[PDB]
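HBY 097:reverse transcriptase complex.
Reminder, nothing fancy here: chain letters follow the sequence lines and each chain counts from 1. What you see below is based on every heavy atom in this structure, not just the backbone, and it leaves out hydrogens, waters and symmetry mates. Numbering of ligands and ligand atoms starts at 1, following listing order.
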Amino acid sequence: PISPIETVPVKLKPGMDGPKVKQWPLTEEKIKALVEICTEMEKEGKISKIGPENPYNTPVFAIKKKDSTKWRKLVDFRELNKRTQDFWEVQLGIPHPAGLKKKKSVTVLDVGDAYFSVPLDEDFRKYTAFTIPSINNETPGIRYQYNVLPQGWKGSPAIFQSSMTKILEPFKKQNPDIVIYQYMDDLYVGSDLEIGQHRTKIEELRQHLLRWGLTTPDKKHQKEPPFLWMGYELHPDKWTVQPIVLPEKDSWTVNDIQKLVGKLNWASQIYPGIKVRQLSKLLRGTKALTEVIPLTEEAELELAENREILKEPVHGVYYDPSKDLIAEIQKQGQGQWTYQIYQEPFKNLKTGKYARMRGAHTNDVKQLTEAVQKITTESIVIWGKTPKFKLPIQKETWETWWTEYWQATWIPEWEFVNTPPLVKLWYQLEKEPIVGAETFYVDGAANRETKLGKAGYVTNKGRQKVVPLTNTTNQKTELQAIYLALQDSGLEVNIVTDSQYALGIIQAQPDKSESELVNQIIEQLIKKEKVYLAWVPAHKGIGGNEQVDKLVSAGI
Amino acid sequence: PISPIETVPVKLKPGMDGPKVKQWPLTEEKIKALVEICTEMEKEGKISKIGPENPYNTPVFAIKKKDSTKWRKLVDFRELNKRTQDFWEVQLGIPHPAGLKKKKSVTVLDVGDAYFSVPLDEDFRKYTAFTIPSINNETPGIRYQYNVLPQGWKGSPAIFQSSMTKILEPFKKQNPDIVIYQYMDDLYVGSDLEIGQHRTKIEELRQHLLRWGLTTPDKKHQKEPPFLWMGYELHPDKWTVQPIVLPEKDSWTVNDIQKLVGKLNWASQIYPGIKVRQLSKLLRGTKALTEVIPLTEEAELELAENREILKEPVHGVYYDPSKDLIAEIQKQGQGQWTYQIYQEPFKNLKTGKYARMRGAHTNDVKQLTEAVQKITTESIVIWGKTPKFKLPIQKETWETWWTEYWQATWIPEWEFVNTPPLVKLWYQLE
Ligand SMILES: COc1ccc2c(c1)N(C(=O)OC(C)C)[C@@H](CSC)C(=S)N2
């Protein structure tokens, strides 16, 4: 049922030409499944049988998908798809539910085969030619030409989502506030009208459409209030995801842990509290999707700790442009943060989690402010505003990681919360060297190919030491040397460092790590009174390297 | 209702296609400000809607120029220039009057509205398409294409160049010594006259620019602690540089010297070959930090040599026009920042210390943007090219907040720092 809408001009990339093939000659019955459909598809004017003078072609799959009662075909445009020009992507995303409004009544209209109605430009039609030869080879050259947008074809969903944006336009103008949305084969119309009055606007629409060419048999708004939109479970006044049943096994491959890390992730939108850390922690082996990985006990400890919050269902509120937007962030440990966003207290709009990965030694204050951004970004992408932050961090420990940090940071409106796991500085180094305190010249060395280190130090009052190490990297060792040096000091100390690496890693004053080595330096720093970390260049005799690297000397 | 002129055929760079960048999500008030703008402009025949047959793109922002009242549109044409204008940096390039950097007082006028008259090529326009964003990805984009010359584009003043020479003519001879440079939508004007005398010399050009066409230099006004009364008067006469504040009172102790050995050891690959030995051997021992130790006899020959070598560089200043400047900024404190304009690492083409009050906003992402703008107008006056920045900031924070305190026409290319430098010690020219 061709539409009388302004068609769009399609072209093939310069230098190219339309495809040309000749398909796998079919027999009696299969051709009978094509002649029937095609010679009544032409009657409805979707195709047209143009014989000679057109040199191109394309194949026809006579695919009765599943096992239909009525025979169906499908012409594979794989070669054309390469040759045609580039269109603007319609799929510029997905309107995420958290930013949807409470539009009282809603309905969905099936614009499924509304692609074959919109017409294709009158010049391109030849590049969509396809032929079907007979069994007996008696009357060959049975070739049609597509009049409307064919299935699959690159520009189809492009041209459609644009043709139908022009079609709804006069309606939308005449009668606003009766908000429309569209995706592929759906029409999500909804307003603040009492059902019958809403049942009118729908039939008005259903007839404007029927007048513009595209038939829509959604028998009197034939679609129920509970919706399955791209996974999202939608109800006329709240949202969530309905089916999210993640099974368990006894010996699964990576192929299945990736689906696992998938669902738990997705569920993070609504279900307050969730972490997919340890489940993915071991996925390091980016091997084949057939190798089994004996899940750690800390992954089940999490998989189960998820299954509870996940079992008993959670609801989802909508947006109210007048009501505030305020978000808060809780520390869920292991360098994992979780946030919730509210207008009217407690009831949730959107929840989600931030977790720094692949690049350790990061600060908590820093990890906090990184999460805030992730959110400040997600806000503007959705609601169009920025959440007033509710944060578990003392101003006097924040402006000390604004005025003290190298990189520049910036968090908008934020207010102080109260929760046992407060975010703050556990320690802080000195700026001016300490008086009287013992001066520890530290040194550390290892083998580039013999891999057997040596730690140690020397003090301003002849107090030496060296703790031989094995299976320790030069980096680790330079680090181990300071810890050693930490342990042998009273309350306040001074430490001159060989390494810039270790220096710049202890300067940022971190806190968490899996490396017991760095965690152990941290612990010393936290209990110590006044710590001062100096630095002198290696390979240049600076400090005391003359006798300092003459003692920690290896056999190579 | 129109007046159709003639077109300069614009074509693409060595076998290239148009930019297909993506529209960064925008605030609400701003998406409202953009349609407020683009629709009147649509009525003005300047821009126009397209369909799917045009897959190209270019970012659109919103900025409140000078003072709060009305928004300005901005188009990150950074990719199209990269596409088209590196062949139009040749075929149709605008020469840089290298004396602009010496002229006592430079001023900048927004002569960007003058292009919106010149029609753009029927066959090229597609590559200037831009898209207006929607909140929460509800509705499909408000998709426009440029009919005339885009005010962002680096290939606009190149076209209007012809017309700009002809329109400025009467002034350039009535006022001969005045050096005028046209970079983008800007007209940099420089003389040897003092404030009072130059400020009117500019009004002169303004009125001349008014009469002779509808080219118009937008009204200038504002009042920050720093005098922002008349125009954006840059003074290329004060271009002197010595950020390296070597501690005169620091060689008293052991720790002071340990510091003094560190800064100096950088000036090694910067200033090829330096003598520091006689000083270093003074703390060759594992002594106490706070030990107030006097310097050795042959030590002064190490300090004062470099201390006088910190008064005259040599090769560095060599600007290769077939390469580009790199600007790297590093935070130093509450108000002060420090930059380095090099081109091939360690060879400093120009360094300086951006600053501001401690009793001011003391906002990091305000100073960073207002410093980025500075580093750049300076490099126009000097090199005629915008530097590649090496920013000390979170990629994603900048992407959010730059477009807020960015009172500026052009948008330089950028990069962000992953690691913590030792360069922000007291001040350091990398
Ligand atoms: C149960 O269905 C819904 C409940 C709430 C809303 C929606 C659907 N929304 C929507 O776009 O549906 C999906 C495809 C995103 C939109 C406009 S629907 C006319 C709004 S403002 N709130």
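For HBY 097 (ligand 1), the other chains with a heavy atom below 4.0 Å are labelled A. According to the PDB entry, the source organism of chain A is Human immunodeficiency virus 1. With the cut-off at 4.0 Å and only heavy atoms counted, the binding site of HBY 097 (ligand 1) comes to A/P95, A/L100, A/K101, A/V179, A/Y181, A/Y188, A/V189, A/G190, A/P225, A/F227, A/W229, A/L234, A/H235, A/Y318.
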